[PDB]
Amino acid sequence: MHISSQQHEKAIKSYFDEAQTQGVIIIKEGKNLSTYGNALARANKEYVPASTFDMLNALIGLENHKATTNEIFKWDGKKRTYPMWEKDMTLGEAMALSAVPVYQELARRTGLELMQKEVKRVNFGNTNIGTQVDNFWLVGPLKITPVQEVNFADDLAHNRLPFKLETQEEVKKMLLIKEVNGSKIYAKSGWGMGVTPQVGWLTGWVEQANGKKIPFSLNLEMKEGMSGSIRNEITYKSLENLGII
Ligand SMILES: Cc1onc(-c2ccccc2)c1C(=O)N[C@H](C=O)[C@@H]1N[C@@H](C(=O)O)C(C)(C)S1
């Protein structure tokens with residue numbers, strides 16, 4: 001409104017301070033990138049993308065006819081880390097649930113060789129997937145910075161990735177997670193491996209009523225007993241503080 005930028009900066013740093021974590025949220029208006037939060041130097045450090053990769057995994061699988069958007073991925077009946085994953089689902093349902101096994105099956109369909117060259121073509125992060133086609137986004141060697149992630153989301157939001165328009169639209173329909181007063185929030189979460197603390201992500205964009213698109217990438221540390229929805233909460237408060245929703 002008439003709120004000073006010092007106050008915006010302080011308000012958003014306090015959302016990270018209150019959660020007792022260290023993180024950054026990067027916003028992009030048109031060409032301009034702004035870095036908020038309580039740990040601004042995270043912006044150009046490299047982290048595994050974790051499930052945020054699901055977005056590119058989907059783009060690639062669909063572009064290369066490894067799946068369709070109505071196709072059902074059967075649960076094989078093995079006990080899963082979460083009961084919510086013990087069901088048959090579409091890619092899109094799997095995006096909302098972040099169903100690692102489905103994205104792993106998709107990655108195996110695509111294959112190491114095809115995955116490696118698609119990730120080069122797209123030049124995502126450090127572009128390196130190593131030798132294990134089914135976990136390189138979760139344990140490395142693939143890594144990416146928060147700046148690169150918000151630029152990725154900015155590409156996909158404006159259909160600039162090197163995939164057909166219809167492939168991009170298909171994956172964007174999968175990413176709708178919230179509606180707030182005429183604004184829509186498209187995004188995918190990520191949560192890295194290992195003992196606490198782990199990396200957390202929420203990367204996407206808001207599509208405003210007038211058609212304007214404002215990409216964001218939140219990146220922070222997931223501390224002992226933090227709920228996943230803290231990523232969402234910090235993100236929503238930040239976007240609201242800045243009047244983007
Ligand atoms: C955490 C997490 O910690 N370790 C792995 C992993 C799994 C298999 C092999 C190697 C590592 C993992 C994971 O699965 N992360 C996923 C992607 O970010 C899923 N997104 C989460 C979410 O979005 O909230 C889920 C907590 C829903 S899981």
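In this chain, numbering begins with 1 at the start of the sequence shown. One-based numbering, in listed order, for ligands and for the atoms of each. Quick note: numbers below take in every heavy atom, side chains included, and nothing from hydrogens, waters or symmetry partners.
- The name recorded for the drug at ligand 1 is oxacillin (bound form).
- Counting heavy-atom pairs under 4.5 Å, the chain with the most contacts to oxacillin (bound form, ligand 1) is listed in the PDB entry as Beta-lactamase.
- Interface atoms of oxacillin (bound form, ligand 1) facing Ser98, defined by a heavy-atom separation under 4.0 Å, are 17 (C), 19 (C), 20 (N), 23 (O).
- Nearest-residue assignment for atom 15 (N) of oxacillin (bound form, ligand 1) (options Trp85, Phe136, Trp191, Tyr103; heavy-atom criterion): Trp191.
- Distance remark: protein heavy atom not present below 4.0 angstrom from atom 5 (C) of oxacillin (bound form, ligand 1).
- Annotation: atom 25 (C) of oxacillin (bound form, ligand 1) to nearest protein heavy atom, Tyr82 CE1, 4.1 Å.
- The distance from oxacillin (bound form, ligand 1) to the heavy atoms of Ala50 drops below 4.0 Å at these ligand atoms: 18 (O).
- For oxacillin (bound form, ligand 1) and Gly190, the ligand atoms under 4.0 Å from any heavy atom of the residue are 18 (O).
- The option from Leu97, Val139, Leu138, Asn232 that lies nearest to atom 9 (C) of oxacillin (bound form, ligand 1), judged by heavy atoms, is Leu138.
- At under 3.5 Å, not a single nitrogen or oxygen of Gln104, backbone or side chain, sits near a nitrogen or oxygen of oxacillin (bound form, ligand 1).
- Looking at atom 14 (O) of oxacillin (bound form, ligand 1), its nearest protein heavy atom turns out to be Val100 CG2, 3.3 Å.
- Protein heavy atom in closest approach to atom 23 (O) of oxacillin (bound form, ligand 1): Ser189 OG, 2.9 Å.
- For oxacillin (bound form, ligand 1), the polar-atom distance check against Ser51 finds a nitrogen or oxygen pair separated by under 3.5 Å.
- Annotation: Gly192 places an N or O atom under 3.5 Å from an N or O atom of oxacillin (bound form, ligand 1); distance criterion only.
- Each of the following atoms of oxacillin (bound form, ligand 1) lies closer than 4.0 Å to a heavy atom of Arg231: 22 (C), 23 (O), 24 (O).
- The residues of other chains having a heavy atom under 4.0 Å from oxacillin (bound form, ligand 1) are listed as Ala50, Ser51, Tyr82, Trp85, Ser98, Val100, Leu138, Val139, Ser189, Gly190, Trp191, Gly192, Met193, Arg231.
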